[PDB]
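Written out below as structure tokens is the structure these notes cover.
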There are 4 protein chains.
Amino acid sequence: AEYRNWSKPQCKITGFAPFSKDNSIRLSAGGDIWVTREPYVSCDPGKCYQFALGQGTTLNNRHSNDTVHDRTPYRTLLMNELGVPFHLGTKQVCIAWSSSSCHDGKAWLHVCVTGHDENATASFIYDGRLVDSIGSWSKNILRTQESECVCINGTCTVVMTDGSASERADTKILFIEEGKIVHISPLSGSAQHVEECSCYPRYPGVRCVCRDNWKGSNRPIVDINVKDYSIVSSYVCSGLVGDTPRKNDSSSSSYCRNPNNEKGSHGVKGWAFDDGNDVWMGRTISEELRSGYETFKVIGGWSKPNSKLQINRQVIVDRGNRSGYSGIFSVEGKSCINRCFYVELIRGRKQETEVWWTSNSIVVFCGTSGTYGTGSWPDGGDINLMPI
Amino acid sequence: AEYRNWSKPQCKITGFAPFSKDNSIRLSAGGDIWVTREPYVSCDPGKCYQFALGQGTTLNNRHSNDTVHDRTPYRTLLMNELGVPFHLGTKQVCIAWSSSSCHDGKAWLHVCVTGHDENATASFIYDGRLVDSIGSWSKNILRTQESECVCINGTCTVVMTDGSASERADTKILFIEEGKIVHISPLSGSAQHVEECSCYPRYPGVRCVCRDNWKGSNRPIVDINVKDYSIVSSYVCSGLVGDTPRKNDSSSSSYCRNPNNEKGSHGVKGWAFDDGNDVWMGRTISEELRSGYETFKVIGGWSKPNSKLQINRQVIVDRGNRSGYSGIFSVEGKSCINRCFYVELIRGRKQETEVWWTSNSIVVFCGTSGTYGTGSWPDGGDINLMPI
Amino acid sequence: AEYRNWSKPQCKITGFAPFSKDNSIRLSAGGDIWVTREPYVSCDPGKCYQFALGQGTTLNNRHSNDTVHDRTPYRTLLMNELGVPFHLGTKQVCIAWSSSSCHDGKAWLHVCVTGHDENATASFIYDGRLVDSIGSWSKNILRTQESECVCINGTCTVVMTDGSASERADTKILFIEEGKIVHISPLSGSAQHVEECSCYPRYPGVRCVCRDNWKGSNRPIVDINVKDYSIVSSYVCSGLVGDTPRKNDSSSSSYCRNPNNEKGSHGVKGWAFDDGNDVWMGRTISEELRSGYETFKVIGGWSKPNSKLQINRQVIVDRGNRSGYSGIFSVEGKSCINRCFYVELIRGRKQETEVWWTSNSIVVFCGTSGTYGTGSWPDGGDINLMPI
Amino acid sequence: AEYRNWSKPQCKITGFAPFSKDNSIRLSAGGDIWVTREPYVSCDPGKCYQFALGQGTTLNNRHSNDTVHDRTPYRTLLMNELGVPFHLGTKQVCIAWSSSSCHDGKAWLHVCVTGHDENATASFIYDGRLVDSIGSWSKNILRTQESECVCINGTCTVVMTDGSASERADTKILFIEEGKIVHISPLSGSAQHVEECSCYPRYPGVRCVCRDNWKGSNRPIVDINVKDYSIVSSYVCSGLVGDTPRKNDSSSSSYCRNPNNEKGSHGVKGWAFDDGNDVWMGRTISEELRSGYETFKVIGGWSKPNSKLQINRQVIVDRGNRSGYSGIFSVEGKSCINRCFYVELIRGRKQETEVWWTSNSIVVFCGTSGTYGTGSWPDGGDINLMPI
Ligand SMILES: *[C@@H]1O[C@H](CO)[C@@H](O[C@@H]2O[C@H](CO)[C@@H](O[C@@H]3O[C@H](CO[C@H]4O[C@H](CO)[C@@H](O)[C@H](O)[C@@H]4O)[C@@H](O)[C@H](O[C@H]4O[C@H](CO)[C@@H](O)[C@H](O)[C@@H]4O[C@H]4O[C@H](CO)[C@@H](O)[C@H](O)[C@@H]4O)[C@@H]3O)[C@H](O)[C@H]2NC(C)=O)[C@H](O)[C@H]1NC(C)=O
Ligand SMILES: *[C@@H]1O[C@H](CO)[C@@H](O[C@@H]2O[C@H](CO)[C@@H](O[C@@H]3O[C@H](CO[C@H]4O[C@H](CO)[C@@H](O)[C@H](O)[C@@H]4O)[C@@H](O)[C@H](O[C@H]4O[C@H](CO)[C@@H](O)[C@H](O)[C@@H]4O[C@H]4O[C@H](CO)[C@@H](O)[C@H](O)[C@@H]4O)[C@@H]3O)[C@H](O)[C@H]2NC(C)=O)[C@H](O)[C@H]1NC(C)=O
Ligand SMILES: *[C@@H]1O[C@H](CO)[C@@H](O[C@@H]2O[C@H](CO)[C@@H](O[C@@H]3O[C@H](CO[C@H]4O[C@H](CO)[C@@H](O)[C@H](O)[C@@H]4O)[C@@H](O)[C@H](O[C@H]4O[C@H](CO)[C@@H](O)[C@H](O)[C@@H]4O[C@H]4O[C@H](CO)[C@@H](O)[C@H](O)[C@@H]4O)[C@@H]3O)[C@H](O)[C@H]2NC(C)=O)[C@H](O)[C@H]1NC(C)=O
Ligand SMILES: *[C@@H]1O[C@H](CO)[C@@H](O[C@@H]2O[C@H](CO)[C@@H](O[C@@H]3O[C@H](CO[C@H]4O[C@H](CO)[C@@H](O)[C@H](O)[C@@H]4O)[C@@H](O)[C@H](O[C@H]4O[C@H](CO)[C@@H](O)[C@H](O)[C@@H]4O[C@H]4O[C@H](CO)[C@@H](O)[C@H](O)[C@@H]4O)[C@@H]3O)[C@H](O)[C@H]2NC(C)=O)[C@H](O)[C@H]1NC(C)=O
Ligand SMILES: *[C@@H]1O[C@H](CO)[C@@H](O[C@@H]2O[C@H](CO)[C@@H](O)[C@H](O)[C@H]2NC(C)=O)[C@H](O)[C@H]1NC(C)=O
Ligand SMILES: *[C@@H]1O[C@H](CO)[C@@H](O[C@@H]2O[C@H](CO)[C@@H](O)[C@H](O)[C@H]2NC(C)=O)[C@H](O)[C@H]1NC(C)=O
Ligand SMILES: *[C@@H]1O[C@H](CO)[C@@H](O[C@@H]2O[C@H](CO)[C@@H](O)[C@H](O)[C@H]2NC(C)=O)[C@H](O)[C@H]1NC(C)=O
Ligand SMILES: *[C@@H]1O[C@H](CO)[C@@H](O[C@@H]2O[C@H](CO)[C@@H](O)[C@H](O)[C@H]2NC(C)=O)[C@H](O)[C@H]1NC(C)=O
Ligand SMILES: CC(=O)N[C@H]1[C@H]([C@H](O)[C@H](O)CO)OC(C(=O)O)=C[C@@H]1NC(=N)N
Ligand SMILES: CC(=O)N[C@H]1[C@H]([C@H](O)[C@H](O)CO)OC(C(=O)O)=C[C@@H]1NC(=N)N
Ligand SMILES: CC(=O)N[C@H]1[C@H]([C@H](O)[C@H](O)CO)OC(C(=O)O)=C[C@@H]1NC(=N)N
Ligand SMILES: CC(=O)N[C@H]1[C@H]([C@H](O)[C@H](O)CO)OC(C(=O)O)=C[C@@H]1NC(=N)N
Ligand SMILES: [Ca+2]
Ligand SMILES: [Ca+2]
Ligand SMILES: [Ca+2]
Ligand SMILES: [Ca+2]
């Protein structure tokens, strides 16, 4: 077992091909399935796992009532092989209402945040044991990525924020070796609010695309140097912006450096990645709600401010159907590093009042150098047939 | 771990012996069990797995209503060790309403087709990662074997069709190395319609027996050369024909080359294999419906046009009970390659209107060089005791 | 991985200590648990597994009605790690209404009998593949041990019977190498009826204690020489006899050679083993019914005809509670071979008419060279609280 | 695989960080989950497992009625990976109404006590086989730790008691090598009543902190020398005492040697460990009931009689919520041995009469050298929403 270095070129990407779907809401109506939100995917050198924050209950269960809330002492991080739905034999790997996980080539790191809003604790669990912890620095909901961290040569990086959801906050990037925090770098650069980073290896460093919850509907970028620990930050250049809410495609803007101040408050976790001058990105189809999901390439979208020249659109979830969070993960192939993404498909309250609970299923796609057609892969639960 | 070459002689076969049964419909009445159809069996060098296309629901579940339909975005390929029924802890290995899987000696390949009828995508997943994809070439339900593919020296072959179910279509044979499509050969030869191939290693190549959905109640043969990529095709010589529907045993014919034009439209997935001049084959007992299942050898049935000299009949499922799809798989023994087969036992709509769902169980037999008796191994669900 | 030779002395035994219990009937009232009978235990070099013949249904299931019957096409052999109850994720390793399993040091052999009463088939499955089969020789319920077979230096032995349950029958001992039948020896010697043998390694050969269903309430012994394939047989010398039904302890007899002709018809699977001149044995406490279970040593019970000098009695199941089948298994320790046994605890019809089903749980004890106390470990299901 | 020696220094501890929670009571209301009590945690060199004494039933099950009782023949020791709740696929590793388990670096030892109150048997199971047993010496509820044993260089130690719960009893320390009892040392020293020891490696020996059920609300210490087999004992010096019941913090006392005679009768399993002159310890917040759970360091609490100088308090379970048993486990890191603890969260009768059953969930924390905040992690079941 050697440490991952991710020192291969990024794979050619012509778009994305179907990879996985768990259909967990449909199954919940005829089986004991965990209530979840904030899912993600991360893979060890051999195989992929799906993760989510449990609500400490199954769906067909009186405890599922009012599971819309984000933070309780009963939330734990679930971990199954990808494609295995969260049944009662699912392992809860730590106590968490915010998490990030990654494999360094040798073992799994889990970063798990729980406790009081005003004084939370993050535990660092590596190779099945607790190695480190840190208390809240700003005493206002310490929180992390809700997707995979990234490790190079045994140094794993994870982005965490503490402080306001609607003003300047204190974001820090932790460097972790075999579960031990060896360095913490405060955020630097021009990103003005950073949450829920979707990070990927871009040898020799790590690159993240995140959520600005304050003034931006354009997505922040954070670049992390694992050798000198320097942090830089800015915004995705693309004038087709990635956050929800946002303005329409003709009114939206981004000039690469500053929050656009266009329906900037609130947000959704999302992702994008660079290919030379171009960007690949996903987003909800709706500009207001977490409904629909589309991916596309913006020509010049990485290096040219405010570019809106799109190509290679794919519908992942049709506009009539609910989506949610999305995030990136990276998979090492024979000769290149591939980029994949998941979409959380949220069902229940508050939007759907037919039931009392709030949960999600997942759908997953991976980059391809081949060809593909079209479809739509929504949750598929019939809200009127569900246990309430 | 070395690549499979399958370079051993075929085992002596005197008939088939019971190997596995999952009883999943009976269990569905008292437990959370997936709704499935189109099952199959494939084995790695150590052990066998059962596969099926899920309907994204369990049977005792309101979502099981009207699961007769062939293609939805909720269908996924299930994979368990053979004999483990599709319980809620079953892994969904990809999104699929048509699939083929095989192990090359080192890792599993899955071929999975999903998306719009008119523009489907096939994903190629090898060793737990997406390696390739292809879009629909004829824009009319791209589809594949619904049974195991076959790999020799690391080249895996899979037969796919796109186009009409009731006229000339575009069948292609893909050659896949570690999940990457390295070559695609169009169908050639005298088979006029080819679907749902049951393929087996016949060193140095691959041989398939398939479904003609158009003009043949005789089964097509496709031979695949993995070195020069040439394809040839014809029909099983046996005058006792293998498809359903078909004419009676006295009226039926085949002359080895052309569809017989005898109740040729429609069909069922099935199998046959050669032993010198003789053929072993299975088929439904009913000539009209997917009811009963019998196996036998036809003396001269491989090389003599229209031979009807049968011997070594076995009843697998009595004529009063429902069958369905069937297919071949191959298992490497100490000194020879054995041939085995599964039978899908379909229950529910449209034939049985007592329930709203459509599902199946499975029964599995393997070739033997020993002796055996008689029996009948049907599904065993009591349609009047089932959840509706 | 080397073949087991079992070439160590038998461990010192002062009695038996509790090893396992699965409590499956109690669990069946609040969970999806298989309906079973005829359970047994066998261990690979590392760990033990529990086995049973399923009835192709869970208990809380309409299909559990009238599961008293011995033989159906839905019965399969279940296999879990010992102590894991037969939940819905349990593997069905073959189709069987009669079975025997054993590990040769390298891999598992399963012997599985299914099909028509008058023309059954036994499949031989080794290392996950079908290697051999044999048809019924006497056309009257081919059947086997319902407990572990035994392998020495890669030759596995299994005792099978075909023919009358109430007159002279045709018993044969099969010698099996990597799943292939290499030799079959007919029963020889003075045992007049032999069923359901409980066999154990007694280097350099195999020794079995069985059920006489015809004229004996004394238990037959069959000795198997794995080098020259010779079979000899007689009866356990002990005047305290092991079968049910039987006469009382003062009226019972055995003189080592012939069936005692004392309430000889019918029987129950059971076990005994030798220690020099002494015998260890178990039996039901009731002389008429399968109720209670006791173990003891008979001083002189192996070599002295009709000895009744007992010592070291233990109650395993109190006389007020139901038992059933019992059988031996052997476990290799550091320096000796230990002997253990299981007891099937049968619940339901026909004896208990409060429910419609027939099932069992299990309890397991192992020989000890240490000390122990007393107890009683019955099924524990409350028949009046069970699903019907 | 080498034997554990635990020959590293104890880790720096500044307090404890969240590690695991299973939420099993909440899940029990919508899924088949075992009824348990007396849980614990023990880890092999790679990963941690959770253990508990089952009641031979799931919670949503008529057999769960009146599961308040401590000892039945249906109780078994359950073992899952830590964080996997006790679902129906959980392994029952032995028959037990009292247990201790530990891994010696090569294999698992289980110590399991069952049978009649007046004549119980303890089985010693190592590497999946029964190696030894001992009968009750004092004929009055032979019993053990209900938490992990400890092994050094292949010698495992376990503390057992037989005799009165309310007067002088017969405690013995067993030394076990590969499952075989090689030596038994009677308790010696000034501890006057010793039950339910929480033991940890303190190279070159083993140290335990236990429950005095008779005259002490201060906790006994037992030190075990694994080389010369000598036993010494006393009481934790801290004037803030660890048992429940106890007097208030101002009235309580301990002078290190003798039971304090302060509300000494009854007790709860608990833990403490030394760091030079200081002690870390947990206890219920309530002085009368098993409610709340707090941890803290007492400065001088190991070596200075009656010290009450506390620092580094953490609330684990708020005072309004139920706790129960607690115990220590040790985890080997890169350069030091860490100390962790679990808390049993008891729900149901007799305290909560809304339901008929008695069960528990668990929460687990590990020592940290980092920082942390605050929270409360109670069971979380709504007693008014539970199946009864
Ligand atoms: C079977 O499946 C395949 C694979 O999914 C699918 O092919 C894909 O089709 C989509 C939709 O057409 C393609 O994505 C589009 O790409 C165009 C640019 O490509 C065209 O123009 C260039 C340059 O001239 C040519 O080289 C090229 O050949 C094409 O002709 C983008 O313009 C598209 O974006 C617009 O349309 C979207 C809706 O489709 C809008 O959502 C989006 O906002 C854009 O609209 C606005 O921008 C336009 C200018 O960009 C302008 O007209 C207005 O401002 C407008 O309002 C979109 O990204 C994708 O590349 C194809 N994939 C591949 C690999 O070929 C097949 O269509 C499908 N067949 C069926 C019937 O199912
Ligand atoms: C216990 O279990 C064993 C194993 O399953 C079983 O033995 C098997 O019996 C079946 C049924 O008889 C055998 O299969 C048949 O084989 C004959 C040919 O074999 C005979 O003829 C040759 C050549 O002269 C002899 O060497 C040989 O010894 C036999 O006498 C086929 O003719 C059979 O096919 C016909 O009958 C079927 C129904 O059984 C029809 O479905 C089928 O359509 C065929 O019917 C038509 O063809 C006939 C000419 O072929 C002619 O009469 C008419 O056209 C007719 O309508 C069938 O394949 C099988 O070989 C045996 N297996 C072995 C290994 O021996 C025992 O019977 C069983 N016992 C019981 C009581 O359960
Ligand atoms: C705590 O747990 C331990 C371990 O389980 C338990 O000890 C065991 O007790 C049983 C029951 O007494 C013992 O088994 C009996 O052994 C005697 C022979 O031993 C005695 O005699 C010899 C020779 O003189 C002495 O060396 C020895 O010290 C003993 O005194 C057998 O006779 C017993 O069989 C008879 O009684 C059974 C009921 O207990 C009947 O079911 C059985 O049919 C026998 O009855 C008939 O035979 C008698 C002559 O054999 C005669 O009296 C009449 O014919 C009669 O009707 C039985 O096998 C066992 O050896 C002990 N185990 C060990 C290791 O010591 C403790 O008793 C237990 N304590 C409590 C209170 O729970
Ligand atoms: C965010 O999260 C952090 C980490 O959990 C938390 O910090 C921790 O706070 C607790 C509670 O204050 C600290 O534990 C206490 O420590 C004091 C001793 O520390 C003080 O005094 C020393 C010596 O002068 C100073 O060096 C040091 O800086 C501190 O000022 C103990 O006295 C505390 O025990 C008493 O209070 C408890 C309730 O909090 C009682 O339950 C307990 O019985 C004690 O009460 C009695 O004793 C007193 C003297 O000891 C005396 O006043 C009376 O007799 C009294 O009745 C307690 O152990 C802990 O050390 C902090 N942890 C760290 C690592 O700093 C933050 O508070 C938290 N913030 C929020 C708002 O959530
Ligand atoms: C995209 O949003 C812009 C900005 O709101 C829309 O432009 C406005 O449209 C209304 C008429 O519907 C006018 O009264 C306003 O003067 C416009 N505002 C500005 C600032 O231009 C535009 O219509 C939207 N485009 C689409 C296609 O919906
Ligand atoms: C097999 O099918 C053939 C073809 O239909 C049947 O032959 C027909 O039988 C009817 C009488 O029932 C006659 O009126 C027709 O003239 C026949 N047609 C031909 C073309 O021969 C034959 O009877 C069937 N055999 C069996 C055993 O059912
Ligand atoms: C054991 O069984 C024998 C054989 O039946 C019993 O002896 C019989 O008892 C009855 C009186 O109850 C007499 O009328 C018969 O003459 C006896 N028959 C013989 C052949 O002796 C004996 O009583 C039984 N022993 C016990 C303890 O139940
Ligand atoms: C702790 O317990 C002590 C001992 O009972 C309490 O002291 C008693 O308090 C009552 C008044 O409430 C007096 O009448 C007794 O004289 C006291 N007894 C002794 C022996 O001192 C003390 O009040 C308790 N402390 C707290 C904070 O509850
Ligand atoms: C720690 C926490 O509660 N994070 C929140 C997150 C957060 O409110 C925003 O990013 C603003 O800061 O929003 C959302 C959301 O759906 O918008 C869900 C997350 N829920 C959970 N991770 N549990
Ligand atoms: C891709 C697809 O829908 N294939 C069909 C197949 C097909 O309709 C015929 O071969 C004609 O082309 O028929 C059947 C069938 O039962 O006849 C089931 C298959 N269902 C699934 N594989 N899902
Ligand atoms: C193959 C078969 O049916 N064997 C029978 C067995 C048999 O009837 C007797 O030994 C007489 O021959 O009896 C019993 C029994 O409980 O007495 C159960 C077995 N049931 C099963 N193994 N399924
Ligand atoms: C063997 C046994 O029954 N031990 C008891 C234990 C015991 O009563 C006291 O320590 C007094 O001796 O108390 C308790 C308790 O909750 O106080 C539970 C234990 N239950 C179980 N381990 N099953
Ligand atoms: Ca925003
Ligand atoms: Ca056809
Ligand atoms: Ca008999
Ligand atoms: Ca006490």
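Convention: sequence-line order gives letters A, B, ...; per-chain numbering from 1. This entry, so its header tells us, was determined using X-ray crystallography, 1.6 Å. Computed over heavy atoms, backbone and side chain alike; hydrogens, waters and symmetry mates excluded. Just follow the structure's listing: the first ligand is 1, and inside any ligand the first atom is 1.
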*Quick check: what drug is at ligand 12?*
zanamivir
_Hey, which chain has the most contacts with zanamivir (ligand 12) here? Just the name the PDB entry gives it._
Neuraminidase
*Find the other chains whose heavy atoms come closer than 4.0 Å to zanamivir (ligand 12).*
D
*asked:* I'd love to know the binding site of zanamivir (ligand 12) - heavy atoms within 4.0 Å, chain and number please.
replied: D:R37, D:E38, D:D70, D:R71, D:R75, D:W97, D:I141, D:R143, D:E146, D:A165, D:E195, D:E196, D:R211, D:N213, D:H266, D:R290, D:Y325
*Which zanamivir (ligand 12) atoms are under 4.0 Å away from a heavy-atom of D:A165?*
11 (C), 12 (O)
*Using a strict cut-off of 4.0 Å, indicate which atoms of zanamivir (ligand 12) neighbour a heavy atom of D:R143.*
1 (C), 12 (O)
*Atoms in zanamivir (ligand 12) with a heavy atom of D:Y325 nearer than 4.0 Å*: 6 (C), 13 (O), 14 (C), 15 (C), 16 (O), 17 (O), 18 (C), 19 (C)
*Atoms of zanamivir (ligand 12) less than 4.0 Å from D:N213 heavy atoms?*
11 (C)
*asked:* Considering non-hydrogen atoms of the protein only, which is the closest contact for atom 10 (O) of zanamivir (ligand 12), and what is the distance?
replied: D:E195 OE1, 2.7 Å
*Proximal zanamivir (ligand 12) atoms for D:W97, defined as those under 4.0 Å from one of its heavy atoms*: 1 (C), 21 (C), 22 (N), 23 (N)
*Do any nitrogen or oxygen atoms of D:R37 lie less than 3.5 angstrom from nitrogen or oxygen atoms of zanamivir (ligand 12)?*
yes
*Please check if a non-hydrogen protein atom sits closer than 4.0 Å to atom 7 (C) of zanamivir (ligand 12).*
no
